[PDB]
Number of protein chains: 2
Amino acid sequence: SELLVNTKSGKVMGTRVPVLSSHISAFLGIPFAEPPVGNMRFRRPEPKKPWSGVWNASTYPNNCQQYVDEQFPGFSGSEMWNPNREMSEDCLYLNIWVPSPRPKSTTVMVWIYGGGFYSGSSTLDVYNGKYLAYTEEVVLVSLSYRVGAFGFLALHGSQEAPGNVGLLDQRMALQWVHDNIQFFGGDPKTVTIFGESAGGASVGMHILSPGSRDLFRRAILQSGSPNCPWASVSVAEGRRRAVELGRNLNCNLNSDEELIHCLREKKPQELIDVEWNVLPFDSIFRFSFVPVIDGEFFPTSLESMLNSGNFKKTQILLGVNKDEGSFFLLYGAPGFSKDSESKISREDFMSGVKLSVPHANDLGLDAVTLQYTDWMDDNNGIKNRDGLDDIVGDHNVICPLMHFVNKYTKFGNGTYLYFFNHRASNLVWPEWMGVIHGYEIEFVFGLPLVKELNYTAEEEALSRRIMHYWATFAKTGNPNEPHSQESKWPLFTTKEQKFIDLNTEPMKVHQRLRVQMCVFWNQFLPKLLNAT
Amino acid sequence: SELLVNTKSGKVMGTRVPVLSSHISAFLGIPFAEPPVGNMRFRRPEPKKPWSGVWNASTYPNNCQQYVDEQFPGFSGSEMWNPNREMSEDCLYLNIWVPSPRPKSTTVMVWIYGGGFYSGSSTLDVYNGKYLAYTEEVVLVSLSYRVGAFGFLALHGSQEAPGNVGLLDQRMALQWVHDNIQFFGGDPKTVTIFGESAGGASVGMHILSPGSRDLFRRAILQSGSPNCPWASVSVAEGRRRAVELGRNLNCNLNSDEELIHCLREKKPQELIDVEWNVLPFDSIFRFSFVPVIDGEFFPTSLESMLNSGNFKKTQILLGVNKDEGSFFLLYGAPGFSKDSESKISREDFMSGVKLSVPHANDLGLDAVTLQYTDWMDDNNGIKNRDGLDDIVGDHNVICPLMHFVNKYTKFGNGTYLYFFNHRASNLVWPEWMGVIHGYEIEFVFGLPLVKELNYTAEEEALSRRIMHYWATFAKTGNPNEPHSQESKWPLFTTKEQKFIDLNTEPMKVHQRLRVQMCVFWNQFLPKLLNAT
Ligand SMILES: *[C@@H]1O[C@H](CO)[C@@H](O[C@@H]2O[C@H](CO)[C@@H](O[C@@H]3O[C@H](CO)[C@@H](O)[C@H](O[C@H]4O[C@H](CO)[C@@H](O)[C@H](O)[C@@H]4O[C@H]4O[C@H](CO)[C@@H](O)[C@H](O)[C@@H]4O)[C@@H]3O)[C@H](O)[C@H]2NC(C)=O)[C@H](O)[C@H]1NC(C)=O
Ligand SMILES: *[C@@H]1O[C@H](CO)[C@@H](O[C@@H]2O[C@H](CO)[C@@H](O[C@@H]3O[C@H](CO)[C@@H](O)[C@H](O[C@H]4O[C@H](CO)[C@@H](O)[C@H](O)[C@@H]4O[C@H]4O[C@H](CO)[C@@H](O)[C@H](O)[C@@H]4O)[C@@H]3O)[C@H](O)[C@H]2NC(C)=O)[C@H](O)[C@H]1NC(C)=O
Ligand SMILES: C[N+](C)(C)CCCCCCCCCC[N+](C)(C)C
Ligand SMILES: C[N+](C)(C)CCCCCCCCCC[N+](C)(C)C
Ligand SMILES: *[C@@H]1O[C@H](CO)[C@@H](O)[C@H](O)[C@H]1NC(C)=O
Ligand SMILES: *[C@@H]1O[C@H](CO)[C@@H](O)[C@H](O)[C@H]1NC(C)=O
Ligand SMILES: *[C@@H]1O[C@H](CO)[C@@H](O)[C@H](O)[C@H]1NC(C)=O
Ligand SMILES: *[C@@H]1O[C@H](CO)[C@@H](O)[C@H](O)[C@H]1NC(C)=O
């Protein structure tokens with residue numbers, strides 16, 4: 001049988017699924033770990049005890065316990081990102097989409113979802129791997145990992161809540177793929193991890209982390225990098241937040257044993273209810289429980305590992321969207337709303353930069369303001385709006401990724417860099433939000449191929465180009481076809497620093513993506529804040 | 001007789017001088033003070049003892065003792081600014097050009113020359129007032145004042161070298177004009193002081209200084225303002241430099257009496273030889289002996305006088321040239337030379353900003369660099385050259401003047417602001433130096449009217465417009481004619497901040513002259529340097 005696969009964990013039964021008037025195989029909700037429940041909340045994942053009999057892998061698994069956006073009830077723009085399954089701590093499952101007939105050993109792509117380490121699901125409509133598996137003849141895996149306090153509460157020194165266990169969840173999925181993907185026709189020697197947002201940051205963390213490096217060949221990072229300021233905290237900051245969480249649930253704080261015991265007695269939703277009370281600043285684009293720089297998962301600080309070349313040397317492909325900031329302003333910054341142009345007064349501008357750069361003294365705020373204000377206009381509400389949008393994207397996504405790119409590229413074996421700036425013609429969010437954080441994903445997964453979803457034809461063509469770049473890169477470490485009359489996406493080099501626009505127009509090649517601003521965010525501002 | 005004028009100081013005999021195939025009267029080298037010689041070196045000026053008999057005012061007087069540029073021997077571009085008369089400490093004279101026939105009471109314009117308070121002469125070809133007096137039917141005066149150590153050595157606490165005596169020289173000329181210009185057909189109730197560079201700074205100092213305010217009605221400032229960083233020093237900095245000068249001449253430093261006595265025994269050229277040894281930094285656009293903020297001439301700091309409105313409220317007209325910096329880079333910054341394009345390497349750029357901002361810590365230098373570097377190019381020698389040129393002009397001239405304009409305008413009775421950006425077609429300096437510091441002067445004095453000097457016709461027309469703006473403004477406090485089909489030069493207001501380009505093209509009205517950069521130089525950088 002073709003839906004029956006025998007693995008090292010036991011036999012698995014999949015389903016036949018329709019895709020663009022053809023079929024492929026799908027193995028949904030395969031467990032790669034023991035359920036992290038009861039005593040095991042906050043602990044490292046345990047490998048899944050082998051089972052006898054056949055595991056029914058015909059439906060999606062549960063999603064991990066998490067915050068649910070309810071700002072816009074029924075609005076597909078927001079709800080497309082919420083859990084579409086029952087939430088459970090019992091959530092360590094992966095899903096595999098396999099071509100029909102089954103290949104012998106093809107390229108494998110493992111998807112790691114985003115959501116700021118506080119949210120995310122492998123089971124979302126946008127993450128359905130069937131279009132990509134079918135179109136590009138690859139085995140598509142999507143894993144899951146604990147998020148929020150459940151995956152990132154960090155009481156360093158303890159084994160009951162060591163920190164980073166959500167990242168270890170990911171690694172265990174990768175270990176499982178390494179060990180068992182051969183039985184699905186996957187090539188374990190050619191597996192590409194890819195993710196967006198925190199998933200992109202996670203991908204870069206697996207590049208850095210010595211314990212993860214041997215488990216994949218290549219990586220793609222979308223709008224995310226390990227050195228992003230929201231992506232990690234120190235062990236002491238993690239400890240403060242752990243304690244502060246316990247303070248919010250009236251827990252005993254005499255010791256780590258008594259704190260963790262108390263946090264384990266709580267129902268999951270009780271923790272989720274107070275998750276945002278623990279942030280030490282009034283901020284946006286900052287999340288309560290994220291990876292810690294612990295000494296185990298990362299031997300030293302992220303920056304010295306990048307400087308010294310302490311990372312997996314391979315090929316990477318990565319990029320960013322035009323308007324990464326706009327989501328976080330909508331949700332957390334005064335003046336912005338879903339149903340207006342959101343012209344921003346001078347006061348909401350100043351309020352906005354405070355929120356965007358929370359550790360900045362007054363001089364730091366003046367420096368940002370000077371950098372992003374048009375002083376010819378100055379009071380124009382659109383320019384304030386757009387300036388603020390650029391501040392949030394540049395600081396949190398574009399400029400950290402550019403720092404990573406420039407430092408990876410000195411020691412790596414190939415970088416390809418993209419800037420995705422197509423506004424989808426069927427987008428539900430207002431025009432002011434531009435090319436939004438997360439909306440290249442639908443092109444990478446081929447949703448513009450399905451007629452019922454109301455994309456344009458030139459959008460179908462863009463998605464096909466993107467799926468082909470991604471898959472070819474997974475396959476060979478180059479997104480380009482050997483022959484191909486189409487224009488080459490060139491390597492990003494230290495010297496020339498070339499990247500491409502990813503849009504419906506014929507490919508233009510640019511240089512030095514946002515250098516003026518990234519010299520400000522990566523060199524000048526830190527030096528300024530350190531000297532004060 | 002028409003060349004014979006009887007004044008309160010005694011009778012004066014002038015000469016008939018030819019001007020554009022007509023005649024006017026000229027009274028050259030009239031003394032307004034006692035010669036500051038011997039015991040009187042460094043002392044306040046004494047009023048000129050009345051003389052009997054007729055003072056021959058038929059030839060230019062001597063120039064004040066001063067540094068002589070010899071970088072380019074025989075080069076008219078440099079030598080047009082050197083003394084064209086014998087140098088002498090006996091130099092306190094003024095020159096008066098009067099229309100023929102003599103008027104009864106017309107507008108008076110008093111010219112105060114520049115030269116960084118270390119140089120300058122009333123007698124230069126470019127400062128010949130006859131063209132302006134004739135064309136605009138005004139009485140033109142040019143005064144002189146001691147420069148260098150002779151006019152600005154400042155041992156505060158002493159009466160033998162109080163400081164600022166060069167500024168008092170100027171005031172005594174103004175007092176003399178107030179008292180005696182009526183006898184030349186001048187209206188003492190309508191006298192406009194105007195100057196360029198340090199003369200423009202001097203004009204603004206007379207606006208500020210309570211003892212000078214009553215002696216003129218209106219002011220014009222060209223490429224200079226009192227709050228420029230090169231235009232003044234504190235009493236302690238003046239004292240250090242005085243002592244350091246004495247140290248260079250092996251003088252006794254036990255006391256002020258013994259130091260000043262020793263500096264008086266020196267021949268003038270001995271002081272001039274070591275004048276530049278006393279600057280405490282490696283800098284450009286900084287001069288050794290300049291006005292001191294003493295408490296007498298200026299009751300408090302320049303900035304608090306501007307903030308509190310402690311100044312003469314009247315009409316001012318002022319402006320700047322496109323490329324104020326280029327002279328000072330040519331003379332003092334590595335990479336620049338008269339006979340090349342002067343493309344600047346990255347090293348000469350960094351060397352150049354150090355020189356330009358001498359009190360700046362490393363963070364301050366990074367801030368300037370960030371502000372003026374195109375990071376798309378970065379290594380382009382032309383862009384480095386032009387960036388550096390803009391740094392020197394903006395920091396030393398444009399942005400200080402804009403601060404003055406914005407602060408004067410809150411309390412004043414009319415501001416008119418210009419940006420002069422015509423490169424003269426007969427200019428002798430290289431193209432890279434652009435519209436040079438001091439080269440609007442030739443238009444203000446009407447040299448483009450003389451055929452032999454090789455200007456274009458549209459340059460004659462520009463000079464006629466400029467002489468007319470200047471004279472009309474002197475006359476009424478508005479550079480515009482009541483009727484006139486030509487476009488109005490609007491008032492500079494706090495709200496709209498309008499100014500005009502002064503060039504051969506039809507008048508364009510702009511707003512907010514160089515605000516982006518002036519927010520950097522006037523707000524951000526000081527705050528940055530104070531916080532560190
Ligand atoms: C592809 O493009 C097409 C065309 O642009 C899109 O099709 C449109 O889809 C919308 C809905 O998604 C549809 O609008 C509905 O029309 C119905 C009939 O006129 C209405 O009954 C319905 O109103 C209800 O829902 C609204 C919330 O959106 C409420 O404002 C309203 O009060 C109604 O709410 C009712 O809900 C409950 C439960 O059903 C009921 O008990 C009550 O009566 C209550 O009142 C919508 O307005 C458009 O008409 C569609 N247009 C066309 C031409 O088909 C399509 O969505 C696109 N596809 C994708 C995937 O994007
Ligand atoms: C208006 O425009 C016109 C046209 O552009 C300008 O007229 C030109 O003016 C220059 C001089 O200013 C003149 O050049 C001279 O030509 C002479 C005859 O050919 C030369 O003898 C003279 O050379 C001497 O001076 C040079 C320094 O500039 C030296 O390089 C050279 O070695 C010579 O030096 C001599 O000097 C001493 C003392 O005299 C002598 O003992 C030695 O022999 C020694 O050798 C110049 O090259 C041009 O020819 C003029 N052109 C025309 C067409 O007339 C005019 O200047 C402009 N007017 C203004 C006000 O700007
Ligand atoms: C592409 N994804 C799925 C990754 C991220 C965008 C999903 C919408 C949420 C963005 C707004 C931030 C909300 C901040 N929190 C809830 C803390 C307020
Ligand atoms: C328009 N004027 C007459 C006012 C000023 C320009 C005159 C040429 C001198 C500029 C170069 C500065 C030299 C610096 N010092 C000699 C100190 C080196
Ligand atoms: C697997 O589960 C589905 C739905 O829950 C069910 O319909 C199907 O019968 C199951 N498969 C097997 C082989 O029992
Ligand atoms: C990557 O590695 C291969 C094989 O070691 C080498 O020959 C090739 O030049 C490298 N390419 C890049 C872009 O570094
Ligand atoms: C004034 O001086 C000039 C030149 O020095 C001389 O030629 C002239 O005769 C003098 N005038 C009188 C009235 O003596
Ligand atoms: C200046 O002063 C006059 C008379 O006091 C006044 O009426 C006029 O409006 C003022 N103009 C400006 C520009 O301030």
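Per chain, numbering begins at 1; letters A, B, ... match sequence-line order. Excluded from the calculations below are hydrogen atoms, water molecules and symmetry mates; all remaining heavy atoms, backbone and side chain alike, are included. We count ligands from 1, going down the list as the structure has it; atoms in each ligand are counted the same way.
At ligand 4 one finds the drug decamethonium. Ranked by contacts, the chain bound most extensively to decamethonium (ligand 4) is, in UniProt, Acetylcholinesterase. In contact with decamethonium (ligand 4) at heavy-atom distances under 4.0 Å, by letter: B. In terms of protein heavy-atom proximity, atom 4 (C) of decamethonium (ligand 4) is nearest to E196(B) OE1, 3.4 Å.
The protein heavy-atom contact nearest to atom 3 (C) of decamethonium (ligand 4) is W81(B) CE3, 3.2 Å. Under a 4.0 Å criterion applied to the non-hydrogen atoms of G115(B), decamethonium (ligand 4) contributes the atoms 4 (C). Comparing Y127(B), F327(B), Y113(B) against atom 6 (C) of decamethonium (ligand 4), the shortest heavy-atom distance belongs to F327(B).
When hydrogens are left out, the protein atom nearest atom 11 (C) of decamethonium (ligand 4) is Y331(B) CD1, 3.7 Å; that is the closest non-hydrogen contact. Contacts between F287(B) and decamethonium (ligand 4) below 4.0 angstrom, taking non-hydrogen atoms only, are absent altogether. Near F328(B), the atoms of decamethonium (ligand 4) lying under 4.0 angstrom from a non-hydrogen atom of the residue are 12 (C). In chain B, the UniProt-annotated active-site residue lying closest to decamethonium (ligand 4), at the minimum heavy-atom distance rounded to 1 Å, is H437(B), 4 Å. According to the PDB, the organism given as the origin of chain B is Torpedo californica. For atom 18 (C) of decamethonium (ligand 4), the protein comes within 4.0 Å by no heavy atom at all.
Distances below 4.0 Å separate heavy atoms of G438(B) from the following atoms of decamethonium (ligand 4): 1 (C). The nearest protein atom to atom 5 (C) of decamethonium (ligand 4), hydrogens excluded, is given as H437(B) CD2, 4.0 Å; this is a heavy-atom distance. For atom 16 (C) of decamethonium (ligand 4), the closest non-hydrogen atom on the protein side is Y67(B) CE2, 3.4 Å. The distance from decamethonium (ligand 4) to the heavy atoms of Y118(B) drops below 4.0 Å at these ligand atoms: 9 (C), 12 (C), 13 (C), 14 (C), 15 (N), 16 (C). The set of residues with a heavy atom less than 4.0 Å from decamethonium (ligand 4) is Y67(B), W81(B), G115(B), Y118(B), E196(B), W276(B), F327(B), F328(B), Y331(B), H437(B), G438(B).
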